[PDB]
*Asks:* 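Got a PDB entry here containing lisinopril. Few questions.
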Amino acid sequence: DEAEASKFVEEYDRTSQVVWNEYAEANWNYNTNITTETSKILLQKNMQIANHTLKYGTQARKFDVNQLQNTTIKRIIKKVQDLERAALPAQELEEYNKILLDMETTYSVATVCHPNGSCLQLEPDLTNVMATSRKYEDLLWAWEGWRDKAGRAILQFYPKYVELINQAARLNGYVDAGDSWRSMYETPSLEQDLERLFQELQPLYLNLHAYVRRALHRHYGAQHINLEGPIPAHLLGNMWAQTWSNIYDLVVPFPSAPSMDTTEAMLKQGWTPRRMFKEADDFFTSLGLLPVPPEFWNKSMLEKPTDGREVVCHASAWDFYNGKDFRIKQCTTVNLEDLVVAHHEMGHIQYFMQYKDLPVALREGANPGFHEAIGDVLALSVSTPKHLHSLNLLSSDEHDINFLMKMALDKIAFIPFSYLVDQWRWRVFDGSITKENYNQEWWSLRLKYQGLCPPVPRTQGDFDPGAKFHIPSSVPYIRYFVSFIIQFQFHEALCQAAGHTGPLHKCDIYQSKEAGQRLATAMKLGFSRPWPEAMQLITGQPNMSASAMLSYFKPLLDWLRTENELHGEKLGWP
Ligand SMILES: NCCCC[C@H](N[C@@H](CCc1ccccc1)C(=O)O)C(=O)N1CCC[C@H]1C(=O)O
Ligand SMILES: [Cl-]
Ligand SMILES: [Cl-]
Ligand SMILES: [Zn+2]
């Protein structure tokens with residue numbers, strides 16, 4: 001029986017590599033050239049890989065995992081018993097695949113037009129408007145328009161999507177899709193753990209929220225900002241107000257200390273998307289980590305195509321399951337924000353390369369959060385004033401607070417948003433939220449967690465969640481909340497391993513081999529062991545903890561309390 005098991009695993013692995021490699025190809029061609037032809041081929045490739053999944057999934061279920069001795073074989077087989085979408089009857093499977101395809105296409109090709117004929121795409125057009133406009137009505141036009149065109153257009157597909165993905169989940173042993181997704185963490189206390197983590201960052205977020213609200217009151221007027229209420233969702237410099245980095249100019253703690261125009265600097269000295277990824281590649285190798293293969297530069301799409309073809313711009317990293325072909329798909333824009341994204345994506349590629357020799361079923365991060373944290377960890381060091389100056393993009397207490405504020409506008413502001421997304425989806429999946437209350441419950445959470453309000457009252461027909469990539473693309477979001485917490489835990493440990501002393505925010509792990517070694521040993525484990533082990537390998541302890549992030553921002557927290565206190569700010573939104 002045990003002999004049949006290891007043989008099954010071997011056959012599953014060698015056959016999966018081939019089928020998954022072929023699927024990755026068709027999926028890539030569609031993402032990089034949305035045509036009715038590539039669509040048709042992809043949907044056909046869907047059925048083929050589903051066929052393979054059903055064949056081996058059916059076999060795997062015949063094994064009594066409880067009686068399997070080898071833990072690795074036991075772990076792989078248990079995982080293969082989950083057919084995911086392939087568990088759906090043929091009819092439902094094709095409908096589900098088409099549903100997903102249509103939602104993704106609808107989102108990626110949506111445009112917002114003016115009365116003339118000027119239509120803007122999300123990236124970089126609408127994104128730039130949200131980041132640079134300081135006119136309430138212009139920001140509103142883009143904010144509302146995007147939701148009218150992308151959000152509303154997804155609503156017709158969602159209820160069916162929810163029904164089918166939940167059905168698939170039940171056919172695989174779970175109670176609903178949310179249950180299935182949370183299982184990726186293999187942590188029964190997950191919901192409580194995440195709740196405790198969120199609560200620990202509340203003091204910091206609430207103080208940042210009040211400070212920013214005051215600055216907005218200063219700029220947009222008392223008639224448009226309630227000093228004791230939520231902040232209008234279109235004023236944070238980002239379409240989803242998930243990161244507030246772009247309004248740094250409106251909230252700079254010490255304006256007497258001017259900061260260079262980072263974007264102007266990159267452009268001023270000919271930085272290109274390729275340069276950007278080359279710098280990221282250099283940081284990884286400096287740590288002793290792996291460089292991306294030559295093939296990466298030849299097959300990746302680092303720029304928005306200008307040959308008439310429509311593509312999915314939303315940045316992503318791809319593993320073609322042959323241990324050789326890895327690629328990034330990003331309509332890269334030359335600015336600091338995308339430089340961080342490039343590192344984020346390169347972090348995924350590094351993970352792909354580190355565990356490429358493990359059985360395919362175990363080729364994943366310790367948990368989804370780990371996969372998301374890698375690139376961000378390095379980017380933390382890249383973002384330091386001193387590091388940016390070494391790249392010639394930049395030229396002290398007050399400077400520390402200014403830097404910490406810039407970092408907080410990104411990292412701290414994101415905490416409540418990254419927490420909120422799946423709190424909403426989990427309740428949609430378990431049936432607590434019906435299509436009648438999709439939007440209203442989304443905004444109840446936007447208010448409760450982020451303290452934001454819609455600048456325009458929502459009406460029947462609106463489906464704002466659909467205006468956020470991950471929703472129509474069906475990509476879990478809690479991984480980002482986990483990532484933002486643990487990436488600071490990783491930064492703290494790697495900095496200590498690198499011999500750094502003094503304030504954590506001043507640490508730059510560039511070219512530290514000790515740091516790189518901890519990340520490598522952890523990444524090599526892939527999904528072979530419970531994530532707490534990878535956590536231990538990197539940090540010396542096994543739990544998730546907000547301590548590192550709180551320690552990183554401690555100076556800012558103190559500055560924020562003193563500043564908000566002297567202005568008599570009322571934290572929160574009664
Ligand atoms: N200026 C846009 C940059 C996007 C980069 C990043 N991309 C995503 C992609 C997710 C994906 C999974 C499977 C298939 C297709 C896509 C990523 O995690 O790399 C992302 O979404 N991130 C990175 C952090 C948070 C989250 C976001 O922006 O909400
Ligand atoms: Cl929204
Ligand atoms: Cl996740
Ligand atoms: Zn990612």
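We count residues from 1, following the sequence as given. Note: hydrogens, waters and symmetry copies are ignored here, and every other heavy atom, side chains too, is used. Whatever order the structure lists them in is the order used to number ligands and atoms, beginning at 1.
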*Asks:* What are all the ligands or chains assigned to lisinopril?
*Replies:*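 The answer, copies included, is ligand 1.
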*Asks:* Can you help me out? I need the name, per the PDB entry, of the chain with the largest number of contacts to lisinopril (ligand 1).
*Replies:*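 The chain with more contacts than any other is angiotensin converting enzyme.
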*Asks:* Run the numbers for me: atoms of lisinopril (ligand 1), each under 4.0 Å from some heavy atom of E372, listed by number.
*Replies:* 18 (O)
*Asks:* Run down the list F484, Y477, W240 and name the one with the heavy atom closest to atom 29 (O) of lisinopril (ligand 1).
*Replies:*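 Nearest option to atom 29 (O) of lisinopril (ligand 1), by heavy atoms: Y477.
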*Asks:* What is the UniProt domain of chain A where most contacts with lisinopril (ligand 1) occur?
*Replies:* Peptidase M2 2
*Asks:* Kindly identify the option in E337, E345, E123 whose heavy atom sits closest to atom 1 (N) of lisinopril (ligand 1).
*Replies:* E123
*Asks:* Nearest non-hydrogen atom to atom 18 (O) of lisinopril (ligand 1) belongs to which of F481, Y480, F417?
*Replies:*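 Ranked by closest heavy atom to atom 18 (O) of lisinopril (ligand 1), first place is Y480.
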*Asks:* I'd love to know the other ligands and ions under 4.0 Å from lisinopril (ligand 1), if any.
*Replies:* ligand 4 (zinc ion)
*Asks:* Which residues lie closer than 4.0 Å to lisinopril (ligand 1) by heavy-atom distance?
*Replies:*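 The site of lisinopril (ligand 1), heavy atoms only, is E123, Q242, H314, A315, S316, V341, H344, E345, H348, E372, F414, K468, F469, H470, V475, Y477, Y480.
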